[PDB]
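The next PDB entry has darunavir among its components.
The lettering of chains (A, B, ...) simply tracks the order of the sequence lines. Following the PDB entry, chain A residues are numbered 1-99, in order. The numbering of chain B matches the PDB entry: 1-99, in order. Remember, it's 1-based here, ligands and their atoms both numbered in the order they're listed. Quick note: numbers below take in every heavy atom, side chains included, and nothing from hydrogens, waters or symmetry partners. The deposited model was determined using X-ray crystallography, 2.1 Å.
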2 protein chains.
Amino acid sequence: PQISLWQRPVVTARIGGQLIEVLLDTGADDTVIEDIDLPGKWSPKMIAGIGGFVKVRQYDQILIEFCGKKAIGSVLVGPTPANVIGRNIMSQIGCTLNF
Amino acid sequence: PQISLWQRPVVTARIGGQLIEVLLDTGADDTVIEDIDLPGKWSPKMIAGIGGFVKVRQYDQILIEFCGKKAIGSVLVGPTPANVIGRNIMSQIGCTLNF
Ligand SMILES: CC(C)CN(C[C@@H](O)[C@H](Cc1ccccc1)NC(=O)O[C@H]1CO[C@H]2OCC[C@H]21)S(=O)(=O)c1ccc(N)cc1
């Protein structure tokens, strides 16, 4: 699709089988979600933003689906105020920023 | 321009006359710049990012130019780990996400 930015670019994604409202976020290097439970081993990571840092769990090889597209990649899970799909996933599906 | 997302979408912008590299950040409502001095009056404000609130100075009616495009808007000056252009500016210059 071709999504303009007059409002927040929010879409419904299925991540690990769960429906989550997500922001398509070119400022996010990696996908970060708050409200999800993913199974198995994870690695401890941290992310940095405006106001400070968030500790996150990194889950690898997760199925991410939205807007008819499908990708597999890592998901950082933690107390973020916004659920974002970042460039780790958007690059994989050929998403570009255009004007 | 067509900007891929396999790397950070960083462009050179002129913001109130000042040349600065900035991140095109679709997940930011607002344009937040740390590395800038802007003249004139400003409004004290607090904005929340991923780690909570930070104090910024809001400058209004700033001319922002990048990649053969121009828009006028507000700039928040304050601490951020990346100088970001938000939707306040990107929506005015017809920026779209495409995939
Ligand atoms: C500041 C960016 C370099 C990084 N952020 C992505 C960014 O798009 C966040 C995404 C975001 C969105 C809402 C709340 C927190 C974070 N937006 C943001 O901080 O915007 C602020 C300026 O405009 C305002 O509008 C929204 C918050 C304010 S981030 O959330 O900290 C972030 C950092 C790393 C990862 N992997 C994922 C996300």
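For darunavir, the full set of ligands or chains is ligand 1. Looking only at contacts, the largest set of contacts to darunavir comes from what the PDB entry names HIV-1 protease. For darunavir, the other chains with a heavy atom below 4.0 Å are labelled A, B. Under 4.0 angstrom from darunavir, the non-hydrogen atoms of B:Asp25 all belong to its side chain. Under 4.0 angstrom from darunavir, the non-hydrogen atoms of A:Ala82 all belong to its side chain.
Atom numbering of darunavir starts at 1 in the shown order; those under 4.0 Å from a heavy atom of A:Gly49 are 31 (O).
At a 4.0 Å cut-off, at least one heavy atom of B:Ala48 sits close enough to darunavir to count as contact. Backbone and side-chain nitrogen or oxygen atoms of B:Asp30 are examined, and one is located within less than 3.5 angstrom of a nitrogen or oxygen of darunavir. Comparing B:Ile50, A:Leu23, B:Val84 against atom 15 (C) of darunavir, the shortest heavy-atom distance belongs to B:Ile50. For atom 37 (C) of darunavir, the closest non-hydrogen atom on the protein side is A:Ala28 CB, 3.3 Å. Distances from darunavir to the non-hydrogen atoms of B:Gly86 include no value under 4.0 Å. Darunavir lies out of reach of B:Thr80, whose nearest heavy atom is not under 4.0 Å from it. Residue A:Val32 touches darunavir through its side chain alone, judged by heavy-atom distances below 4.0 Å. Darunavir has a nitrogen or oxygen under 3.5 angstrom from a nitrogen or oxygen of B:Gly27.
Residues touching darunavir within 4.0 Å, heavy atoms only: A:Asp25, A:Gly27, A:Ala28, A:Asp29, A:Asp30, A:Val32, A:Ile47, A:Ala48, A:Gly49, A:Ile50, A:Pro81, A:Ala82, A:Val84, B:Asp25, B:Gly27, B:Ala28, B:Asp29, B:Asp30, B:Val32, B:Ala48, B:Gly49, B:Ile50.
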